Every structure is written in structure tokens, then in C-alpha cells.
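Accompanying notes for the structure given below.
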Amino acid sequence: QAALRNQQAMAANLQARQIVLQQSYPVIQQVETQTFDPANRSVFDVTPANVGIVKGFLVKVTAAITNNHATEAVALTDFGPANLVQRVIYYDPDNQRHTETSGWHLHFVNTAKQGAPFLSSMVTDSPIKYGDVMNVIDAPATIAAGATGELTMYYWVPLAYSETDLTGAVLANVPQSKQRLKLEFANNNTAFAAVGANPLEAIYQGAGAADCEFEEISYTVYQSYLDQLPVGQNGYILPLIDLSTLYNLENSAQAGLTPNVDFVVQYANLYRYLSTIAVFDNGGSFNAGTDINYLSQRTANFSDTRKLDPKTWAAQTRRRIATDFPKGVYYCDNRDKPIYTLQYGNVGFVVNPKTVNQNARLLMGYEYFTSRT
Amino acid sequence: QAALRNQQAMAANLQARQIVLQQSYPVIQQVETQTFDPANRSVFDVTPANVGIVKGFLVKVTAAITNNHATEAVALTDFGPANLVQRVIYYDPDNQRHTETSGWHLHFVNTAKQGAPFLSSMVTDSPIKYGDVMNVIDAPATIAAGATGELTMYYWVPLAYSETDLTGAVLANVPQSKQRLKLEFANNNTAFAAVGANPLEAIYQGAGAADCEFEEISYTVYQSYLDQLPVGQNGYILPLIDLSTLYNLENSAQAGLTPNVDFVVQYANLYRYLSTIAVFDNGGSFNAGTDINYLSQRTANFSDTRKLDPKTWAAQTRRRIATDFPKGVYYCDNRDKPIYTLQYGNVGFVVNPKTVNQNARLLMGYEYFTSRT
Amino acid sequence: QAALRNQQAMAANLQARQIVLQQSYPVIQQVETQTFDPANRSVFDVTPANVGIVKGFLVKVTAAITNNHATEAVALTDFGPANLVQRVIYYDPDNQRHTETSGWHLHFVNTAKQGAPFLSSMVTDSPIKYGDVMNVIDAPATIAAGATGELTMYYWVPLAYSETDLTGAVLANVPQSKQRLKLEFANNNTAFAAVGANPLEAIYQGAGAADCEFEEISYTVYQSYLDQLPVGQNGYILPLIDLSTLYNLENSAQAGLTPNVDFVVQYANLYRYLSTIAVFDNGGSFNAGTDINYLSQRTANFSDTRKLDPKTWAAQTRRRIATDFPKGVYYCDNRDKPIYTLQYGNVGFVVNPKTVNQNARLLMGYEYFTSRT
Ligand SMILES: CN(C)CCCN1c2ccccc2Sc2ccc(Cl)cc21
Ligand SMILES: CN(C)CCCN1c2ccccc2Sc2ccc(Cl)cc21
Ligand SMILES: CN(C)CCCN1c2ccccc2Sc2ccc(Cl)cc21
Ligand SMILES: [Cl-]
Ligand SMILES: [Cl-]
Ligand SMILES: [Cl-]
Ligand code: NA
Ligand code: NA
Ligand code: NA
Ligand code: NA
Ligand code: NA
């Protein structure tokens with residue numbers, strides 16, 4: 001029977017993973033640093049090193065922003081420094097595409113995976129001076145007229161699903177085939193939004209936005225990988241299922257929302273969706289659930305497995321990340337039982353809006369597994 | 001002789017639990033919503049759905065409170081919106097009671113099980129606008145004279161011990177049996193305490209309390225259960241030990257405290273106590289340990305397993321929920337090694353007070369397992 | 001080869017550990033309490049009880065500090081009340097030394113092991129009055145001229161590695177035992193640093209420091225151990241490897257730093273280093289990474305396994321303890337793969353400074369396993 005072959009192949013994959021993790025040599029190492037002015041260039045193609053099993057990339061981004069307006073200030077948007085990177089794209093040595101998503105979606109996934117705001121500093125009552133000492137992720141709440149602010153942001157670009165689950169990792173042992181990590185950074189057009197404009201992709205918004213400009217952006221890419229891979233009789237001990245599976249983040253935009261009607265976003269088939277993020281960009285307005293009747297995941301036979309009002313939806317998210325996502329951002333965890341259908345559209349994500357402004361749209365971000373072939 | 005029969009029956013139960021969790025698909029859906037004026041009615045009986053394996057109920061409570069006093073305001077008590085529900089009682093299909101406890105004890109257990117204040121929003125230094133966006137559990141610190149405040153509270157009523165441990169869950173396949181979830185809500189008599197009165201059960205206290213009233217109370221009950229239970233050769237694959245065990249929360253009151261003398265609350269026998277909460281209601285005064293010499297758990301043979309000063313007792317609790325329970329509330333975790341005696345009164349919970357005001361009492365809250373037969 | 005014997009002995013050690021943890025009687029009880037004036041005495045030798053397997057000691061320290069200066073105030077140092085204990089040393093019944101380290105290093109390890117500032121109270125949006133109720137660890141941020149402040153501090157002195165890993169525990173059944181816990185407390189010379197002086201070891205610093213004095217210090221030592229050890233056919237069931245292993249905390253000082261040059265602190269051999277703490281005492285100045293180029297761990301010729309700038313180094317720490325350590329404190333976790341070297345100097349901890357003041361030094365704190373023989 002073929003079901004036993006599967007059982008055997010998965011047991012062997014798990015065994016190989018455990019052997020690799022036990023015997024391999026975990027390394028994190030810089031591969032590239034660069035400082036630039038986004039007025040000159042904002043898209044960069046980073047070439048990682050071809051060594052061992054690649055697990056992911058830590059992208060450090062710093063920036064200096066000057067407000068040269070005469071009188072008016074500017075204030076952080078909801079996403080703030082998470083919009084320093086507009087887009088990230090990874091291609092493996094076979095030129096197979098993995099993650100392609102926005103900076104803010106990648107950041108929200110980093111938060112979901114950590115269980116708390118990514119790389120944040122928790123506030124406590126400790127008299128010992130713990131706290132925001134090193135400003136790992138940091139941005140001034142406002143930039144006054146004539147002032148210059150310093151920003152720092154970190155993104156984890158995952159290939160492997162986690163430090164102990166190598167599903168999605170990349171074997172980069174061929175010298176000639178090239179990894180490609182594409183970073184598209186913010187610039188003076190995307191980062192600053194005037195009053196009344198849509199702040200989705202911007203870092204600061206306010207009456208002084210027209211006279212704000214980047215002084216510089218700097219990035220440093222660190223590559224996390226496993227060296228000194230174990231070797232056995234038949235050859236390198238490798239988890240074949242893990243290394244032949246893609247773990248990808250992607251996002252898309254959907255429109256056509258109308259008040260009091262279910263707006264359904266179908267899940268594709270053959271993808272194992274681990275998480276879903278839905279941002280209700282209600283025509284440049286981001287509200288704390290007040291413009292939604294309910295959200296749900298639905299099988300299409302009218303059976304809702306979790307049809308909830310917005311506050312109760314947020315309650316489940318508070319159990320995942322110990323806080324709320326920013327206004328208009330809704331998270332759905334399916335990690336223990338991924339959405340997996342055999343026929344396209346057998347499951348959908350549902351938002352029933354109560355208020356729909358002009359140009360309202362739903363930005364969907366997905367976390368999923370899929371096989372190469 | 002029969003130790004293997006036990007071992008076998010336990011191995012079968014565990015395996016069946018894993019199969020049920022693996023093959024069934026979890027569902028959470030609304031079962032009842034109602035708005036009312038506590039001046040007319042404050043006791044309600046919710047009728048859950050009889051489907052699959054029932055794990056628990058999420059009770060969302062919203063309320064509007066108006067301070068009609070001319071000049072004086074009111075402020076939250078230590079328990080605040082946790083007293084929106086005064087009492088909860090659950091009857092399973094076979095008319096067996098599970099949880100029967102107060103709202104504040106249920107909330108403190110929800111917190112203990114989460115490892116942090118239930119459904120709270122942690123504060124961090126993140127510049128990304130995480131935080132208290134959705135006001136999942138919320139209540140104004142004060143309600144000024146003439147003002148109206150909005151409250152939201154959530155309670156999880158557990159049947160199953162947790163999402164992965166179905167001990168205590170309820171099989172709702174029986175045709176002739178109605179579950180009963182009984183909820184007693186706060187009213188205009190319990191929710192508001194005058195200056196100098198006992199705030200234990202109240203939501204607000206202050207000089208304006210006599211003229212405070214509910215505008216309205218609303219509740220929504222969600223039921224969490226497992227559907228599509230797996231079927232095997234003999235029939236449904238079910239963990240018989242899990243479904244024949246009761247996971248209950250209960251509360252009691254004890255009086256007779258006198259300064260500098262050990263006040264002992266005996267644990268009953270046949271119950272496997274998982275946690276203990278002791279509230280020192282010192283005649284309407286709730287103090288931060290300054291009225292207690294020490295607390296302990298003690299066996300009949302005179303041995304103290306943890307006789308500690310109140311600060312050190314609170315230190316262990318800080319390792320459990322990352323903060324302190326409100327003033328006068330003391331928590332004891334026995335989940336790894338439940339208090340389980342064969343003879344009533346073999347083990348007791350000890351409080352040695354140093355100050356005892358008139359009408360002092362110890363409100364006990366218990367979390368325990370027990371068998372149906 | 002006979003390496004099978006190891007396999008068997010370790011499987012037997014883990015089996016004996018599991019049996020002891022299941023059958024034994026966990027107890028935490030007070031062994032000594034004393035109030036003293038540090039002007040008279042600040043060094044104490046605590047004699048624990050000789051019962052069962054000893055896992056560790058919880059040291060509660062309270063203090064009253066008066067600022068007698070006429071006009072000036074004092075403010076907490078970065079380490080603050082963690083310097084109430086200057087040094088702690090444990091000797092087992094065989095007079096073998098286990099932990100020998102400073103108070104601040106012990107506290108930082110307690111924090112690393114908890115995953116958050118040790119015994120801290122997290123801040124949340126909860127309206128229920130959770131929070132800093134009991135002041136488990138507490139110290140006023142400043143003490144005004146003429147004012148008296150009250151301090152409370154807790155240290156966990158570990159013998160066993162954790163509550164479930166008895167590696168490092170001590171068997172205390174032999175009479176004529178020399179079990180000794182030595183505590184060297186702060187006094188009126190170490191606790192108070194003048195402006196411009198080195199605040200490393202002090203609790204308060206400021207222009208009023210010269211006139212600050214302890215009114216009193218009090219300590220209470222609790223001993224955590226296992227009673228009622230199980231007895232088998234051959235005799236007492238004991239994990240021989242666990243009880244013959246030392247789990248120690250130690251610290252040392254290192255000097256000879258020069259700008260832009262790698263300063264390497266070699267790891268000794270035969271020690272299994274679990275964690276490393278490095279404090280850059282830059283001549284009494286403690287900076288948030290701005291005086292360091294990068295930190296790293298490095299092999300003889302296998303290069304750097306994690307060569308990172310200070311902010312990225314701090315990012316990894318934020319994933320461990322949900323915040324930053326105080327200024328100048330850098331943490332490195334090696335718990336899953338301890339640094340174990342066949343030959344001395346095979347591995348080293350590296351700091352490359354960019355600014356080195358006079359009398360700069362690197363205070364190293366280590367967590368490690370080692371065998372008795
Ligand atoms: C898929 N299902 C297992 C999830 C049910 C989790 N469910 C829960 C369970 C155990 C303890 C506390 C809670 S609170 C809660 C709050 C909001 C929501 Cl939406 C659900 C829950
Ligand atoms: C009763 N026993 C099983 C628990 C001992 C736990 N014990 C402990 C152990 C390992 C690391 C840190 C700590 S802190 C602590 C603080 C207060 C109290 Cl009361 C106990 C402890
Ligand atoms: C420990 N290293 C060897 C493994 C890479 C961990 N790596 C990581 C991995 C998975 C998810 C998020 C992160 S963030 C991060 C931040 C700073 C640093 Cl220094 C590393 C990481
Ligand atoms: Cl009504
Ligand atoms: Cl003295
Ligand atoms: Cl680390
Ligand atoms: Na250009
Ligand atoms: Na709130
Ligand atoms: Na009334
Ligand atoms: Na405090
Ligand atoms: Na002095």
C-alpha cells in the first residue's frame with residue numbers, strides 16, 4: 001500500500017532532521033551591508049553565500065529621516081518602521097520563488113511566530129534597569145519641523161519554518177547556482193503621507209509630509225544556516241521532505257466589498273495555509289473593528305467553523321501574541337490544522353463589513369507550505 | 001495485579017485522545033445572545049447545542065453603567081469587570097454538575113491557565129502600534145458624576161482541561177438531555193458599593209455608588225466543541241477516562257480566623273486538586289500581605305511543604321502569571337502533583353493571620369479533577 | 001569500544017531521575033532569618049539542613065537605606081538592588097565548591113532562566129487590578145535628602161539546573177556535613193557611589209552618596225529539596241550522573257582592551273558552558289553598545305559562529321528574555337549546544353571595542369556543568 005510508504009518516508013525525514021539538528025553547526029554570519037540614499041536607488045539584489053542548509057535571513061534596516069517643513073510635524077503611522085522595507089522576494093538556487101510579500105506582512109508574521117511584538121522590549125516593574133536599552137526596533141513617535149529622527153527595524157526572512165523545523169530550508173551546496181534575496185526599500189514617495197492620504201505603506205503622516213525626506217538608509221543582511229552537515233554511508237543525511245517543501249509568505253489585495261454582505265476570499269488548493277492576515281484598508285481609514293460585523297473561516301456549505309464578532313476575534317489573537325495587532329489588522333492561526341483543500345475554493349475567509357468607504361479593499365497575507373512538484 | 005489493567009486502560013485513553021484531536025475538526029460558534037436590564041432580571045439559563053465533544057464556553061459580557069449622582073464619582077474595585085458575572089453553574093447532559101463558582105474565581109483561573117492576565121494586552125516599547133487596540137477586556141477606571149461608562153468582560157467556562165487535554169470534556173450525543181449553562185449577572189444591588197462597604201463583589205465603589213445603575217447588560221455565549229468524531233471498528237474512537245472525569249471549579253467560604261493562630265482549610269478526599277485560590281476578605285479590607293504572618297500547605301503528619309511569608313508566596317505566583325493577583329488574593333499551583341488524599345482532612349491549606357478585623361473570612365477557590373463513579 | 005556502557009549509564013541516570021521526581025516529596029522551607037546592621041557585619045555563613053536531595057536556595061533580602069545628606073539626592077544604579085548581595089558561595093557536604101559568583105551575575109542568570117526579568121510584574125491593559133501589588137523585587141528610583149527607602153530583592157541560588165533537571169543537585173544525608181552557603185552582603189562602602197565613581201557594585205549613586213547608610217538589612221534563606229526518596233530492591237534510586245555533576249555559576253575579570261582589536265576571553269576545557277555574560281565596565285561608564293564594534297564566539301580556526309554588531313546581539317537576547325539587559329551587559333545562550341572543548345582555548349568569547357577608557361575591563365559571568373572526577 002502507498003500509505004505505508006508515506007509513513008516510512010515521513011519517519012525517515014523526521015529522523016534525518018533530528019540527526020542534522022543534532023550534528024550540524026549552526027551559524028549566523030553577515031553577507032552584505034550597504035548605505036544609500038533612496039532618492040538614488042531603492043531596489044537591491046543580495047546574493048547570499050552557498051553553504052550548508054540555509055534557514056533564513058535577518059535584515060537589519062536603519063534610516064535617518066529629516067522633516068524640513070517650516071512649521072508642521074509628522075507622526076508615525078500604524079505600521080511605522082515596518083514600512084522601511086516595501087517588498088522582499090527570495091529565489092533559491094533553482095530559481096524557485098519562495099517568499100514574496102510586503103515588509104509589514106513579514107513583520108506581522110515575525111510577531112505571530114514569536115508570540116509577542118517582534119523583538120520588542122516588555123515593560124515590567126523591575127527596579128533593575130532592564131528595558132528599552134538597545135533600541136533594537138525603534139522610531140520617534142513624531143518628527144518635529146526642523147528635526148531629524150533615527151529609525152531601526154529588523155525583519156526575519158524565513159526559509160526554514162523555525163529553528164527546530166527545517167520544513168522550507170534550502171540546500172545551497174552547488175557552487176554555481178545563485179541565491180537571490182531582493183529588497184525593495186521605502187523612498188520619499190512611499191514613506192511620507194499627507195494629511196488625508198492613505199497611510200498604509202507610509203512610515204510617517206502629517207501636515208509636514210511634503211517636505212520630509214530620507215537622509216540615508218542602511219541595511220545589513222545576516223544569513224542563518226547549518227554547517228558541517230552530517231554524512232552517512234549512502235551520503236549526506238538530509239530530510240528530503242523538508243528540503244523539497246516551500247515555506248512561503250505572500251500577500252494580495254481584494255476589492256468588491258459592500259455593506260452587510262459576506263465578502264469571501266477563497267483559499268487556493270494544494271497550499272497548506274498556516275496563517276491568514278486580513279487588513280481592512282477602508283479607503284485610507286483603519287478602524288478598531290467598528291466597521292466590521294463579523295469575520296469567519298467557512299467551508300462553503302454554510303458551516304462556519306469560527307464566525308466571530310471583531311472583539312472576540314481579537315480575543316483569540318490576544319492569546320497568540322499577548323496584545324492586539326494595529327487597527328484594521330486581523331490575524332487567524334491555522335498552524336495545528338492548516339487549511340488544506342483538494343478543490344479550489346472549498347474554503348474561504350469571510351469579512352462581513354458594516355461600513356465600506358470609497359476604494360475599500362482587503363489586503364490578505366498568507367503563510368503556507370507547498371511542494372515543489 | 002491490576003496495575004497493568006490500569007496502565008493499559010490509560011494507554012488506550014491517551015491514544016484515543018490523540019486520534020480524536022487528530023481526526024476531528026474544532027468548531028466555535030455562537031449559541032445565544034441577549035440584552036437585558038438587570039432591574040428586571042439577572043439570572044439566565046443558556047441551552048448549549050448537543051453536538052460532538054464539548055470543550056467549553058466563552059462568555060462575552062458587555063455593559064453600560066451610568067453614574068447619576070450629582071457630584072460624586074465612583075472608581076473600579078480590585079476585581080472590577082470580573083464581577084459582571086456573579087456566578088456560573090454548568091450541568092452536563094447526564095444532569096451532573098461540573099463548574100459551580102463565582103465570576104472572579106473563574107477569571108483568576110482563566111488567568112492562571114494562560115500564564116498572564118486573561119486576554120490582557122502586554123505593554124512593550126514597539127513603535128509599531130500594537131497595544132490595547134480592541135479593548136477586549138476593558139472598563140473605565142472611574143465614572144464621573146453624570147457620566148456613562150462601557151465595560152467588556154470575557155469568561156472561559158472550561159469543560160475540557162485544555163485544548164490538548166480533553167479531561168473533563170463532555171460528549172453531547174445523547175438525544176434526551178439538555179445541557180444547562182446558568183449565569184447570574186451583576187445587578188444594581190451587587191455591582192456598586194458605598195464608601196466603607198465591602199467591595200468584594202462590586203464593580204465600582206465610591207461616594208456616588210448609591211446613584212449608579214446599569215443602563216443595560218448584554219451577553220454572548222460561544223460554544224467550543226469537536227465535530228466529525230472519528231469512527232473505528234468497535235465504534236466511535238473516544239477517550240473513556242477523559243470523558244468520565246470531571247474538571248470542576250468550585251468556591252467556598254470559611255470563617256473563624258484569629259490573630260497569630262493557624263487557620264486550616266482541609267482538602268476533601270477523592271478530589272485531585274490542581275490549584276487553590278484564597279482571598280482574605282478581612283472585613284471588607286483587602287491588604288497586600290501585611291495582615292498575614294504566613295501561608296502554607298500542610299499534611300496531617302505536621303509537615304509543611306511550603307510555609308512561606310506572603311511576599312515569597314507572591315514570588316512563586318509571579319513565576320506563574322508574570323504579575324501579582326489583586327490585593328488579598330493568593331494562588332497555589334499543584335498541577336504537576338495534585339493534592340490527592342484518601343482520607344478527608346489529611347492535607348490542608350493554612351493561613352496564619354496577624355490582623356483579623358470583624359467579619360473576616362477566607363474565600364476559597366478550587367480547581368480539581370474527580371471521577372463520575 | 002565499550003561506549004555502550006555510557007549509553008546504558010545515561011539511560012539509567014534519566015530513569016532514576018524520573019523515578020525520583022515522581023516519587024519524591026518536594027519541600028521548600030525556611031532555614032535561617034537574620035536582621036543586622038552592615039556597619040557591624042556583612043558576611044554570613046548559613047548552615048542548611050541535611051535532608052534528601054537539595055535543589056537550591058531562595059534568598060530573600062530586605063533593606064532600609066537612609067540618605068542623610070543635607071540637600072542632594074541619590075538614584076539607583078543600573079543594577080540597583082541586585083547589588084544587595086555582593087558575593088555568594090556554596091560548599092556541598094564534601095566541602096566541594098559549586099557556585100561562586102556576584103549578586104548581579106546570579107540575578108542575570110535567574111532572569112535568563114525565567115525568560116523575563118526575574119520575579120518581575122509585567123504591565124498590561126487589564127482593568128482588573130493586577131500588577132505590582134506585593135513588591136516582590138522593589139527599590140525606590142531615588143532617595144531624597146533626609147528620606148528613607150525600603151528595598152526587597154530575591155536571589156535563587158541553584159544547585160540543580162532546574163525543577164525537572166537534577167543535574168547539579170546535592171545529596172545531603174551525611175552527618176558531619178560541611179554544607180555551607182556564604183553570603184557577602186552590601187555595606188556602607190560598596191552600596192553607595194559618589195558622582196563620577198564606578199557604579200558597578202553600588203546600589204545608589206549621586207551627589208548625596210557620601211551620607212547614605214543602611215539602617216538595617218534582613219535576609220531569609222529558604223531551602224528547596226526532595227524528601228521521601230524512593231527505595232528499590234538494590235537500594236535508594238538515585239541519578240548518579242546528576243548528583244556527581246556540578247552546576248556552577250562563576251565570574252571573572254579581564255583587562256587589556258584596546259580599540260579596534262579583538263579582545264578574546266578563552267573558554268577553559270572540560271567545562272560545558274551553558275551561558276556567558278559579558279559586562280563592559282568601560283572605566284565606570286556603561287554604554288548601550290555604542291562603544292563596541294561587534295561581539296562574537298570564535299573557534300580556533302573555524303572562524304566566528306555568531307559575529308554580530310551590538311544591536312543584533314541584543315536582538316537575540318530580546319528573543320530570550322523579552323527585553324534588554326542593563327547598559328553594558330551582553331548575554332549569550334549556549335544551552336542546547338554547550339561550549340565543550342577537548343583542548344583549552346579551542347573556543348573564545350570576543351569583544352572588539354571602538355572606545356576604551358582608562359581602567360576598562362570585561363566582567364565575565366559563566367554558567368557551566370562539570371564532573372567531580
Ligand atoms: C480552536 N479552538 C480550540 C479555539 C478555542 C480557544 N478558546 C479557549 C480555550 C481554552 C482556554 C481559553 C480559551 S479562550 C478563547 C477566547 C477567544 C476565542 Cl475565539 C477562543 C478561545
Ligand atoms: C515548591 N517548589 C517545588 C518550588 C520551588 C521553586 N523555586 C525556584 C526554582 C528554580 C528556579 C527559580 C525558583 S524561584 C522561587 C521563588 C519562590 C518560591 Cl516559593 C519558590 C521558588
Ligand atoms: C541563534 N542563531 C544561531 C539562530 C538565528 C536566530 N535568528 C531567528 C530565527 C528564527 C526566527 C527569528 C529569528 S530572529 C534573530 C535575531 C537575532 C539573531 Cl542574532 C538571530 C535571530
Ligand atoms: Cl429586561
Ligand atoms: Cl548587627
Ligand atoms: Cl543567545
Ligand atoms: Na537611480
Ligand atoms: Na482598555
Ligand atoms: Na443599589
Ligand atoms: Na515595586
Ligand atoms: Na559610604
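In what follows, chains are A, B, ... by sequence order, proteins preceding strands, each numbered from 1. The figures that follow rest on heavy atoms only: side chains count, while hydrogens, waters and symmetry mates do not. Counting convention: from 1, in listed order, for ligands and their atoms alike.
- Found at ligand 1 is the drug chlorpromazine.
- Most heavy-atom contacts to chlorpromazine (ligand 1) in this structure come from the chain listed in the PDB entry as Major capsid protein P3.
- Other chains with any heavy atom closer than 4.0 Å to chlorpromazine (ligand 1): A, B.
- The protein heavy atom nearest to atom 17 (C) of chlorpromazine (ligand 1) is B/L58 CD2, 3.4 Å.
- Against a heavy-atom cut-off of under 4.0 Å, A/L308 is close to the following atoms of chlorpromazine (ligand 1): 19 (Cl).
- Residue, atom and distance of the protein heavy atom nearest to atom 20 (C) of chlorpromazine (ligand 1) are A/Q316 OE1, 3.2 Å.
- Among protein heavy atoms, the minimum distance from atom 4 (C) of chlorpromazine (ligand 1) is reached at B/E163 OE2, 3.4 Å.
- Counting heavy atoms under 4.0 Å from chlorpromazine (ligand 1), residue A/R319 touches it through the side chain alone.
- Using a 4.0 Å cut-off between heavy atoms, B/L119 makes no contact with chlorpromazine (ligand 1) at all.
- In this structure, the protein non-hydrogen atom closest to atom 12 (C) of chlorpromazine (ligand 1) is B/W156 CG, 3.5 Å.
- Residue-level proximity to chlorpromazine (ligand 1) for B/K55 is carried by the side chain, the only part with a heavy atom below 4.0 angstrom.
- Heavy atoms of B/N110 found under 4.0 angstrom from chlorpromazine (ligand 1): none, in either backbone or side chain.
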